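To start, the structure under review is shown below, and the notes come after it.
Note: chain IDs run A, B, ... matching the order in which the sequence lines appear. Numbers in chain A come straight from the PDB entry, and the residues shown are 2-305, in order. For chain B, we keep the numbers from the PDB entry: what you see runs 2-305, in order. Computation of the quantities below employed the complete heavy-atom set of this structure, encompassing side-chain atoms and omitting hydrogens, waters and symmetry-equivalent molecules. For this deposited structure, the header notes the method as X-ray crystallography, 1.9 Å. In each ligand, atom 1 is the first atom listed, and ligand 1 is the first ligand listed.
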Protein chains: 2
Amino acid sequence: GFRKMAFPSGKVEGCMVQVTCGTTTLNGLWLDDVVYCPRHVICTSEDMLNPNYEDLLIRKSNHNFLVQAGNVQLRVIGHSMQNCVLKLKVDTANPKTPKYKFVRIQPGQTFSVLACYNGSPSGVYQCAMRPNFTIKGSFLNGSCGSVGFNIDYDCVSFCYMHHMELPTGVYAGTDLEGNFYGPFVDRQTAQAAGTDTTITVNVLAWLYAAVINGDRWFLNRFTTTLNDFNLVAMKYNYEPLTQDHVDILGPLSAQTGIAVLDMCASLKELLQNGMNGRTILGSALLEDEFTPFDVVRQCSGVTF
Amino acid sequence: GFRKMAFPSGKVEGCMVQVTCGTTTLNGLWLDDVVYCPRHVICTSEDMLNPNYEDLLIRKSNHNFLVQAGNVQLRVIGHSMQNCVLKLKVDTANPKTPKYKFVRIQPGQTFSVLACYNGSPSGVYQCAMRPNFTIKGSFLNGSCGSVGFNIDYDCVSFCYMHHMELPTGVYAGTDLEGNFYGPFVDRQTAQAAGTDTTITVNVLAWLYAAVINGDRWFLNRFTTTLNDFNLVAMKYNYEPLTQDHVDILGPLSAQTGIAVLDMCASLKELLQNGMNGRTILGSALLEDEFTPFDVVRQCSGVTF
Ligand SMILES: *[C@H](O)[C@H](C[C@@H]1CCNC1=O)NC(=O)[C@H](CC(C)C)NC(=O)OCc1ccccc1
Ligand SMILES: *[C@H](O)[C@H](C[C@@H]1CCNC1=O)NC(=O)[C@H](CC(C)C)NC(=O)OCc1ccccc1
């Protein structure tokens, strides 16, 4: 058995609140005595085409932000804009605040999203920050301010806050300092995400997951070199593989006794030949949203 | 965006405990003053080939069950066996007990699993009770007593407790009354799960999810009849479709303006022609682990 698993969401559930400004409602994250939320909460539908956020925020006072935790109204005593997020100082520290960090995650790393509407949890799933700084998710109107996170032991590392959907049907957002991942801006205009490259190291990790779990039909008799493999990767829009990537796979390699470059040769033939109707760990395509760490975590039953 | 989403797990996280009997540790579920767990906690490795549970349990007393909630030892004041589960009465009611129900779920319905090790949450994912009463998951040694559930508003409906892995790499377990789903027994012997039939109504639901989300390439110019479609379903190991199934799809049908039998004709041609390298909602195969309700829930942003 190998599945895309999210972290347990309980620690984050207790941080979610509703933030309303005028007619716009979205989600906020309540840690200590601060509530973080997307700055476009201050916009009307008109404003969103071309908002001057500095001018818009100036017509706002503390009492114009309604912050609701369950059915309880929090008192806003302070507000400021940091990049693309609002920080609303409230008079009560969240008693459920977990140990936490803000972290700007690297492309190809994974996290869990707790999708929320009106300050209330809807569901949880695992995502990756793709090379082109988008994420594949499920967000609707009202989902903004939903957060992405990792849990190491007791510490929640928040890495993502949701802001927008792109014409591709993928999504974009910020770290918890309000800085977008990628080239995106919080305005309702047409915005290009670049080519969606595949996270090579993660595809390899997942092929190691398959072998560990008994799926081995794709193992072939060849090896390759980094330079030869990467020529193939470039054609298929794969990220180039580096010795750092090889090193990172070293644990899975040793465990399976399959050299990383042998697995590269297997991947190469999968890319060049397709899967011939066959599946790997129940998938008909090559999955790139498991990191090496994810694979070791899952295969060793790490708990938080 | 359309994703396999689990329920938020916080309410269930607070119910998980560790149960140890001799050398065997697994997970238990602590509701009110009762802890539920798999009865094979009483077995040694030898016993598991052919255990006489009634005789084994007789050599056990309350003090032989160690129950740990975090780092706190619960006091066992009572024990009994109900079907394939143990109920250990403890002297303290769980203060975190949510509103809850025990429900025996039907084949083709979905639920979330909170995978646990040593009483501690590892991860959460969405499953279906398959027609052959197995589930596709990720469980390792130590995972037994992990539970599956649904949440309706504030009420947690527990439907599954994990007990075993089958030679197929799928899994089997019980409802919370200790009755297995399917023909399985809690003994370490070779056990057949039958043919893994596909949940037709759910494949159809997911094709409606695709159309709602803009993926419409597979819509063709044909319709069919129930009897004609079901002849095709039988060849592909699909469950027969019934008017109850048609009725259940009626909301998605009306929303999309695609008659259920028109969608059946599209599915038929997908089954007979394959997908020609194309994907639907990012999948290269037909997914059957979303119910109609799941699709409406997700497409309408239902919260708990
Ligand atoms: C915030 O709740 C919202 C979430 C979007 C809306 C639909 N799916 C999502 O993820 N974000 C916005 O409305 C955003 C506001 C701008 C000022 C950044 N605009 C946006 O995402 O436009 C795309 C869109 C697509 C479909 C419906 C509505 C908006
Ligand atoms: C309970 O924690 C354990 C979980 C199994 C073990 C491996 N993956 C799982 O889901 N269940 C058992 O150990 C079960 C005990 C019998 C008395 C029912 N036996 C079992 O599942 O045998 C299959 C197996 C496969 C691989 C390793 C160990 C056992």
Report, using the naming of UniProt, the chain with the greatest number of heavy-atom pairs under 4.5 Å to ligand 1. 3C-like proteinase nsp5
Say which drug appears at ligand 1. GC376 (bound form)
Under a 4.0 Å cut-off, which other chains come into heavy-atom contact with GC376 (bound form, ligand 1)? A
If you draw a 4.0 Å sphere around every atom of GC376 (bound form, ligand 1), which residues of other chains have a heavy atom inside it? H41(A), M49(A), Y54(A), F140(A), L141(A), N142(A), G143(A), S144(A), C145(A), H163(A), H164(A), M165(A), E166(A), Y172(A), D187(A), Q189(A)
Which organism does the entry credit as the source of chain A? Severe acute respiratory syndrome coronavirus 2
Which residue owns the protein heavy atom closest to atom 4 (C) of GC376 (bound form, ligand 1), what's the atom, and how far is it? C145(A) SG, 3.2 Å
Under a 4.0 angstrom heavy-atom cut-off, which atoms of GC376 (bound form, ligand 1) come close to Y172(A)? 10 (O)
Help me out - which UniProt domain of chain A has the most residues in contact with GC376 (bound form, ligand 1)? Peptidase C30
Considering the heavy atoms of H163(A), write down every atom of GC376 (bound form, ligand 1) situated less than 4.0 Å from one of them. 9 (C), 10 (O)
Identify, by atom number and element, the atoms of GC376 (bound form, ligand 1) in contact range of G143(A), meaning under 4.0 Å from any of its heavy atoms. 2 (O)
Distance below 4.0 Å between atom 12 (C) of GC376 (bound form, ligand 1) and any protein heavy atom? yes
Could you peek at the entry and say which residue and atom carry a covalent link to GC376 (bound form, ligand 1)? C145(A) SG
UniProt active site of chain A closest to GC376 (bound form, ligand 1), heavy atoms, to 1 Å: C145(A), 2 Å
Does the N or O separation between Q189(A) and GC376 (bound form, ligand 1) drop below 3.5 Å for any pair? yes
Which protein non-hydrogen atom lies closest to atom 8 (N) of GC376 (bound form, ligand 1), naming both residue and atom, and how far is it? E166(A) OE1, 3.0 Å
